[PDB]
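Chain naming here is simple, since letters A, B, ... match the order of the sequence lines and numbering starts at 1 in each. Worth knowing before you read on, the calculation uses all heavy atoms, side chains too, and leaves out hydrogens, waters and symmetry mates. As the structure lists them, so they are numbered: ligands from 1, and atoms in each ligand from 1. So how was this one determined? The header says X-ray crystallography, 2.6 Å.
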Amino acid sequence: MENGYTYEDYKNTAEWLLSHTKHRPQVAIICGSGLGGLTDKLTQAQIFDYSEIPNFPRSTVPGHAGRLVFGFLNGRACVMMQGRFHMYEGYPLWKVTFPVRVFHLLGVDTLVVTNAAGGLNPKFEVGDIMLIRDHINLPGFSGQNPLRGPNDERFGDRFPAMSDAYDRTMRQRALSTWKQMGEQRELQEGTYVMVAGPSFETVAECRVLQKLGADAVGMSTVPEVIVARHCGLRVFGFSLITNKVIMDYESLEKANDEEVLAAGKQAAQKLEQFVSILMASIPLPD
Amino acid sequence: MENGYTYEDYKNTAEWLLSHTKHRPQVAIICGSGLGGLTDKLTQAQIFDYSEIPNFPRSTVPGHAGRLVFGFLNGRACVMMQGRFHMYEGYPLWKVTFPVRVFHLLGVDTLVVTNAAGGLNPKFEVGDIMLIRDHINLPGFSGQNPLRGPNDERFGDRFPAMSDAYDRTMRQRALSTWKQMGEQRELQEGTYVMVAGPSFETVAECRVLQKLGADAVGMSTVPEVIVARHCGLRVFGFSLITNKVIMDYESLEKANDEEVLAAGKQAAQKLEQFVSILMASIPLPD
Amino acid sequence: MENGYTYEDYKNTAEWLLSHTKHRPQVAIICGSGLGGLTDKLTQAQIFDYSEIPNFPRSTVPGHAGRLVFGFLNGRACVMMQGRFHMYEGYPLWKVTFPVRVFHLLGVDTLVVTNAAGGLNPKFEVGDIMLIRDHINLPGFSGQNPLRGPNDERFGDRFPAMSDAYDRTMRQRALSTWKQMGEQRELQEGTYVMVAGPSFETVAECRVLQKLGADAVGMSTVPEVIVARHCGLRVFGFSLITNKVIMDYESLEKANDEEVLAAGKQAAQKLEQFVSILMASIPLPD
Ligand SMILES: O=c1[nH]cnc2c([C@@H]3N[C@H](CO)[C@@H](O)[C@H]3O)c[nH]c12
Ligand SMILES: O=c1[nH]cnc2c([C@@H]3N[C@H](CO)[C@@H](O)[C@H]3O)c[nH]c12
Ligand SMILES: O=c1[nH]cnc2c([C@@H]3N[C@H](CO)[C@@H](O)[C@H]3O)c[nH]c12
């Protein structure tokens, strides 16, 4: 196997961009669920469709979406992906994570990723948001790691570490940032596990994941994080718990995608603003 | 990655069939181990080789077999696969599970799958049959899920649920159906875990699988079930425990395929008739 | 999927070799870490680069290395791979394990493999060497098993067993061989788990692996062992624990590849000689 992209394809995509917009972003954001809004919270908004951008993964089947939106979020220069790629759609991971490498070349130095995810910790509840303190990359154990293949020294090392992937500073700020707006639910913290999907977990599987010590489960994110870290970026992210994963044979409920888009609307602005004020914590460039 | 088959390839395979046999099956059965017999228990039997059928995965290396057999089993219209495809043979999962999609288009609305499997629960013994109440789809965690790729809305949703994959009704009937023939061994019930093979588990691996809460382990089935569910079918199945998986370093025994084909002959008719009377439980069409 | 090599490609590579060197090895050794030295400990040393050898996986990117070195180690006819292939580099497993099949055709009947690996057992310490008593083949669970595809009856069975992969005799000799040179650290024994890499584990992942009962973790070896066993070879191996895998969020240390090459030099000769005297235990040919 081999990454389809050549070092220089990344550079070409970046420069293109570096010259079709005045913006120079510092924070990349990958939503999410609605986030929805954040496109409005932005200001100075300049949109591109993925389809216009050299090399950008070709999202394949319409529906899709596919806008890079650059602008300013709470006094930070931002670029946000509305719609992402997933392994379950058929993309090899070096396509799923291509944007991340573009972002680093645009000058970006922090990455914020968010997602919807099923709650595995029985303590959680629908609507909680969970801060990501660590992950379990199950696909990665078997081979599906977006770094598989020859390493490009210009991006990072052959064997990078992930033990510190979720910036401790940013996690503190966020827990602080959240109490100083006081809320009826606390900010949650824990381990995200990625599985590949696209079908949802059985009860026994859900039990496996709890045993492994996962608190939440979803189908993305982890690869983008690994590539972000390989690159140098500072990374921080979290999960809107959109559903309690099932957990015993009694219950007559199942997990669906109605509930995920629905819930994504309950917290539509809860997060819209969370992320937005979070911006003020993220350091600045020298 | 991409499914090699186009929506219309399925339709073409079905129609072909829908016109080379008078039968219209309602129950698909995928054996199994011998089952062997069931070809005889059938009546009105019309055979096809896979090799004659448009698009049917090309089983590759002779030995193989490869007969679709249509007919009547205990007053149900049935179609049965004698010999199946496996991931360990090299087939992508969208080939392994192609027949299942054909069956749905033939009008079939229930699927019965069976297999041989190693016992992980120490309580089980060689010869038991285990009813499948749930699965752990380890390949699926990493990417090897037969639904990976663009979803075809005409078959099912993008994110289907598997928490209820093994029809509770059918499981009751079967446990009942079995006591009303009274036996010296009970019907067993539990979790099937799929691993990809083709080599057999080490002791440490066997220990991993017990810890995860699996009761039996084999190399198939799960994908066909996921595709069956994605499609609407009612699904029910089980495992002939052909061997006790090893479990500690003391023992001087290993797992082989002699014992699997051998044992498959001990229960040759035990199941031959089990499945056969089971037919009478499965509802009917309106 | 399909193995790229044809039965006869193996034969062609072997014969070539069987006629460009006088040596006829009995023991294949796959290092390792430095082992470094063993090239010197050899005598009668005849080197080939992989690049000169028909069919030998093309190591792709220079740096690489790539010497088969034949000769005599402590009165055994040996062939040793300096540098190996890994799944994380992009090679399909049927390339990673190609040499092993060549070795069997050269007449070789034992295989010794060694590697660097992170310690998961808290009892271990940097510098220990761990004897491999068993493995957990996580990639194998999902599909990445070097035997996937049509089986070639001339090498081995379709469904071979791995429960006895690590020769009990050889393990005894080694534990004995080691006490009769008395040391301040004991020889360690346990389970090696393979993960695919190339990035290092998170804390949560490390915790998963302990729970599964792994004592050490690395990114290779297991596939070569499975192919060795499929073939008939006697197999024995171990791990230089080059680093203690991290294990809790407190610690401010990470895993790197400095430490792995460094430590590989601490034990440079500790193992250089261990393997070397080990030679005297391995039986002989009739
Ligand atoms: O319970 C779950 N299991 C796995 N994934 C998801 C998700 C995320 N939501 C999306 C579809 O429900 C999908 O893209 C997935 O990443 C929400 N809940 C769950
Ligand atoms: O102990 C086991 N582990 C994994 N698979 C099997 C099987 C099933 N039997 C077949 C070969 O033994 C194979 O197709 C597999 O699906 C029986 N026992 C075991
Ligand atoms: O803690 C670890 N996790 C996974 N692999 C390794 C290794 C082995 N060392 C090499 C790179 O560090 C790599 O080829 C891997 O197989 C040493 N330590 C660890």
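Per PDB records, the drug at ligand 2 is named forodesine. The chain in largest contact with forodesine (ligand 2) bears the name, in UniProt, of Purine nucleoside phosphorylase.
Other chains with a heavy atom closer than 4.0 Å to forodesine (ligand 2): B, C. Contact analysis puts B:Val260 in contact with forodesine (ligand 2), with a non-hydrogen atom separation below 4.0 angstrom. The closest approach between any non-hydrogen atom of B:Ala255 and forodesine (ligand 2) is not below 4.0 Å. Among the UniProt-annotated phosphate-binding residues of chain B, those with a heavy atom closer than 4.0 Å to forodesine (ligand 2) are the following: B:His86, B:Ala116.
Every N/O-N/O distance between B:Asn256 and forodesine (ligand 2) stays at or above 3.5 Å. Residue B:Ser220 has no nitrogen or oxygen atom sitting less than 3.5 Å from a nitrogen or oxygen atom of forodesine (ligand 2), judged on distance alone.
Binding site of forodesine (ligand 2) at 4.0 Å (heavy atoms): B:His86, B:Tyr88, B:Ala116, B:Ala117, B:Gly118, B:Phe200, B:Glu201, B:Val217, B:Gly218, B:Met219, B:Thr242, B:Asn243, B:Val245, B:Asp257, B:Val260, C:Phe159.
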